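Below you'll find the structure, written out as structure tokens, and then a few comments.
Note: chain IDs run A, B, ... matching the order in which the sequence lines appear. Here the PDB entry sets the residue numbers for chain A, with the shown residues being 11-73, 85-209 in order. By the numbers in the PDB entry, the shown part of chain B spans 10-77, 82-209. Looking at the header, which is where the method is noted, we find X-ray crystallography, 2.3 Å. Indexing begins at 1, ligand by ligand and atom by atom, following the structure's order.
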Amino acid sequence: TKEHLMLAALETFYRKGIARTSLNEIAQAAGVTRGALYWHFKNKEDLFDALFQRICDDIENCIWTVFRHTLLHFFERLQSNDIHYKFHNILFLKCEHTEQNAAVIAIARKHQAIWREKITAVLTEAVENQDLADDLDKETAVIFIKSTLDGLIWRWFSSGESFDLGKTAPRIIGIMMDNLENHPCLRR
Amino acid sequence: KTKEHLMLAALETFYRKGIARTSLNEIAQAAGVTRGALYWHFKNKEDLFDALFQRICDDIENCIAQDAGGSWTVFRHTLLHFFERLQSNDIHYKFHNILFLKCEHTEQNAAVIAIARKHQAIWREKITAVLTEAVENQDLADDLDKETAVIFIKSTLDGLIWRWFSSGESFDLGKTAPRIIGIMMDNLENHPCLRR
Ligand SMILES: CC(=O)[C@H]1CC[C@H]2[C@@H]3CCC4=CC(=O)CC[C@]4(C)[C@H]3CC[C@]12C
């Protein structure tokens, strides 16, 4: 039930962006009344919330060496999975930071916060297995990892997928992994 | 004269409501200028935006003689100066904020996006030339893969900008940019996976 309402929201978000999308438009695309949507999702914010939730759940249910493979499969998924493609397209390209979109942005910052605590934890555990050095600057390292991954995603979507993500993502990730283990700039 | 006032007005409004929701008429209302005076400087909205991108680019290019021994060194200085300016120059902050966060890739914005893609292909070519000079100068290896390195540089830099704006400027760009740039330059110089 609720899953049908989410995908229409995702599809509408993908064509018009979040700002210029209305509940009315979503309920029509799913072919239900404005009243029927409201029972499950009280506003656009909540649909966006559930959609981000399915993305994070997808990534969770597919599981330091695991970290690498999790990064690799995230970028494959962007190409082969239609929902992950559209959601991150929407997040990066169709989600203006205007005052109208303020509740959405707050929702997205909530999920981004979880993603950060989770990276912080993986690094915390990796330092103990002697995978990473004990004087690793973890605060810098987490800005580094997210900035690396954000940059590839933004560069891929904003260039209109003008390069081969399947060939580029592994090289970017491997280099990132190398810098985390070895580069002195990432040490305290 | 008052073409600057129209430009600052367009910048402030784009920053307020994003590009798509902003109108030609409300820019001129914020600039204290008649509609016909606006069409006297600016045929439409994407020309205002193109003139904003041009000003950002002029500002950056104009510093390069002052950023300059050797050009691979100049590149490093231009990158560092860019993020410095992002922090200290309101026009450059607002413009890149608009570019990354207030310019939806919808059909309503198609003309503006085409303009943005034009200034980026120029930036692409400028990188490709910087790299090319650095191979001949022996600052980079003869078997560097220029096509990969360009995507690498743009990816790295886009990520830092996107991260900083998205996070609400929640980390110190003045401390992070040199580290990010340091690592990127090191990789271009040394990392095997950027060679062919
Ligand atoms: C002046 C200069 O060398 C140009 C060539 C490459 C350009 C950068 C390439 C990546 C980039 C993407 C943007 O969205 C604007 C800022 C930046 C960070 C550009 C700033 C100006 C640079 C550094």
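- Out of benzbromarone, retigabine, ethinylestradiol, progesterone, the drug or drug candidate placed at ligand 1 is progesterone.
- Bound to progesterone (ligand 1) with the most contacts here is the chain that the PDB entry lists as HTH-type transcriptional regulator MtrR.
- The heavy-atom neighbours of progesterone (ligand 1) at a 4.0 Å cut-off, by chain: B.
- Defined by non-hydrogen atoms within 4.0 Å, the binding site of progesterone (ligand 1) is B:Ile69, B:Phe88, B:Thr91, B:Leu92, B:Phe95, B:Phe113, B:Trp136, B:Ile140, B:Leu170, B:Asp171, B:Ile174.
- If you number the atoms of progesterone (ligand 1) from 1 as listed, the ones under 4.0 Å from a heavy atom of B:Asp171 come out as 11 (C), 12 (C), 13 (C), 14 (O).
- Each of the atoms 1 (C) of progesterone (ligand 1) lies under 4.0 Å from some heavy atom of B:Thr91.
- The contact set between progesterone (ligand 1) and B:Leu92, taken as ligand atoms under 4.0 Å from a residue heavy atom, comprises 23 (C).
- Atoms of progesterone (ligand 1) found under 4.0 Å from any heavy atom of B:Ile69, numbered from 1 in the order shown, are 1 (C).
- Near B:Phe113, the atoms of progesterone (ligand 1) lying under 4.0 angstrom from a non-hydrogen atom of the residue are 14 (O).
- For chain B, the PDB entry reports the organism Neisseria gonorrhoeae.
- Within progesterone (ligand 1), counting atoms from 1 as listed, the ones closer than 4.0 Å to a heavy atom of B:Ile140 are 5 (C), 6 (C).
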